[PDB]
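What follows is one structure encoded as structure tokens, with my remarks underneath.
Position 1 is the first residue of the sequence, and the numbers go up from there. For ligands, and for the atoms within them, numbers begin at 1 and follow the listed sequence. The figures that follow rest on heavy atoms only: side chains count, while hydrogens, waters and symmetry mates do not. Method on record in the header is X-ray crystallography, 2.5 Å.
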Amino acid sequence: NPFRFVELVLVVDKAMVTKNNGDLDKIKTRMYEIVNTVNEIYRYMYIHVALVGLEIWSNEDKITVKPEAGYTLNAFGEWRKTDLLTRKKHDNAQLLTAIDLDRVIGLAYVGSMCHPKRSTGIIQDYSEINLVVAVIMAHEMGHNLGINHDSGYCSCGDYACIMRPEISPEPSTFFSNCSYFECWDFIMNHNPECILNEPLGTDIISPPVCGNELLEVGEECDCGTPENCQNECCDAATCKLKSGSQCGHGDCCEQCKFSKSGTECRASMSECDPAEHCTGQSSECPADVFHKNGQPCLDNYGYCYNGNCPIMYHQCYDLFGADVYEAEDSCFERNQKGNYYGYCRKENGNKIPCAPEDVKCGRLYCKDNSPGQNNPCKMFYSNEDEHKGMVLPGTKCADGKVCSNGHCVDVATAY
Ligand SMILES: *[C@@H]1O[C@H](CO)[C@@H](O[C@@H]2O[C@H](CO)[C@@H](O[C@H]3O[C@H](CO)[C@@H](O)[C@H](O)[C@@H]3O)[C@H](O)[C@H]2NC(C)=O)[C@H](O)[C@H]1NC(C)=O
Ligand SMILES: CNC(=O)[C@H](Cc1c[nH]c2ccccc12)NC(=O)[C@@H](CC(=O)NO)CC(C)C
Ligand SMILES: [Ca+2]
Ligand SMILES: [Ca+2]
Ligand SMILES: [Ca+2]
Ligand SMILES: [Zn+2]
């Protein structure tokens, strides 16, 4: 599957509810319209956009929406990370506000897709023309997808491109060649892991549309307009199966037919993640199944965590290469300092030192015996991302103990 998927959640501030005289149906119908155009705008980029959530703050805003863009994007991002994402599985979120932002009409982080807090942007309800707001949105999500503003030798035709630093009064639905390459550049170097999965039809709240290249409720298949459709098993115009086709979508559908029962359709990540198989009568691969966390794995050197068996040895290896292993216990005592690298967790942007007992769950230390030198307590630190180098959650920190939220606790009570 060449296509990536952005499971989007939109949020409407109270300023907009009031501006629309409380007509929630009107607001909703309008969001469906806008997102539909965004999806069309993103075909070129081999990216699909599906609205999987819509929250209207008709009672009161859950953050203070100020005309100061930066403040508002940051708060929305925090709220999204500590609230929205906590209870709603989605990849990106945008806030629409009738409040007139200062210097701009939209603002978003760059190259932050899937980031719990930064995978967001704010959009001003600049115009009643859905194509216009659809442009702002595609633009802010563009930045999220690692795209920067066009400049110099960038082109999308004799039209006004989407990523220009200013919106044109004659907005087009085109991304520049520069936007394209920079986007997939981000998609390669950085891994937007959350835009790989295809959203289920029941996950989309917009009204199903046959032809948007998205399989929704009431459709057996969907390959877009009859002109772009390259799916032999589907009748584009009706989204119905045609000919000797027993299916036209799914990881268990090969050449318009169910794959033989027992066919693996999702490989196993580890002894903690049992692979999945096709039934022979279904086209969809069953949902990913992981063994229960806490299950002993890798010959007792670890315990299962979300389908993987994280252990300090592999972590040292991935961080420093060969000839590196778990440092002696004394090394980890550095974690009691609460200094720039030695700590267990963060709370309100504060580095919390490890309690004497949670020392194996903070910054990771490895004894380095790779050629050339000696180093008993090697540790990795980069203010580019302070979390890198930290012991992973679910890692065995002692006999019968695992790391959970920066604490070394009993495996038995950990899950
Ligand atoms: C995005 O597409 C651009 C082409 O559409 C591409 O290259 C730029 O394209 C123009 C013509 O479209 C080239 O030609 C112009 O400049 C030369 C040299 O002065 C003249 O001889 C021509 O008559 C014309 O005026 C540009 O030279 C060329 N610029 C670059 C960057 O090489 C962009 O590069 C494409 N973007 C990317 C990076 O993929
Ligand atoms: C009507 N107002 C606009 O078009 C201003 C113009 C502008 C603000 N700061 C600038 C710096 C350099 C060049 C132009 C501007 N730009 C915007 O609203 C753009 C802001 C942006 O980069 N959002 O991600 C989003 C917009 C493209 C939809
Ligand atoms: Ca997703
Ligand atoms: Ca559809
Ligand atoms: Ca599985
Ligand atoms: Zn921009």
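Structurally, the greatest contact with ligand 2 is made by what the PDB entry calls Catrocollastatin.
The PDB lists the drug found at ligand 2 under the name GM6001. Each of the atoms 8 (C), 18 (O), 20 (C) of GM6001 lies under 4.0 Å from some heavy atom of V104.
Counting the atoms of GM6001 from 1 in the order shown, those under 4.0 Å from a heavy atom of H143 are 22 (O), 24 (O). Taking a cut-off of under 4.0 Å to the non-hydrogen atoms of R164, the atoms of GM6001 that pass are 27 (C). For the pair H149 and GM6001, the shortest N or O to N or O distance falls below 3.5 Å. For GM6001, the atoms lying closer than 4.0 Å to a non-hydrogen atom of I136 are 28 (C). Inclusion of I162 in the set of residues having an N or O under 3.5 Å from an N or O of GM6001 is not warranted. Regarding atom 4 (O) of GM6001, its nearest protein heavy-atom neighbour is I167 N, 3.2 Å.
The source field of the entry for chain A reads Crotalus atrox. At a distance under 4.0 Å, a protein heavy atom can be found next to atom 14 (C) of GM6001.
Near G106, meaning under 4.0 Å from any of its heavy atoms, are these atoms of GM6001: 20 (C), 21 (C), 23 (N), 24 (O). In this structure, atom 2 (N) of GM6001 lies nearest to the protein heavy atom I105 CG2, 4.1 Å. Contact atoms of GM6001 toward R103: 8 (C) (distance under 4.0 Å to a heavy atom of the residue). What sits closest to atom 24 (O) of GM6001 on the protein, heavy atoms only, is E140 OE1, 2.6 Å. Considering backbone and side-chain atoms together, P165 places an N or O closer than 3.5 Å to an N or O of GM6001.
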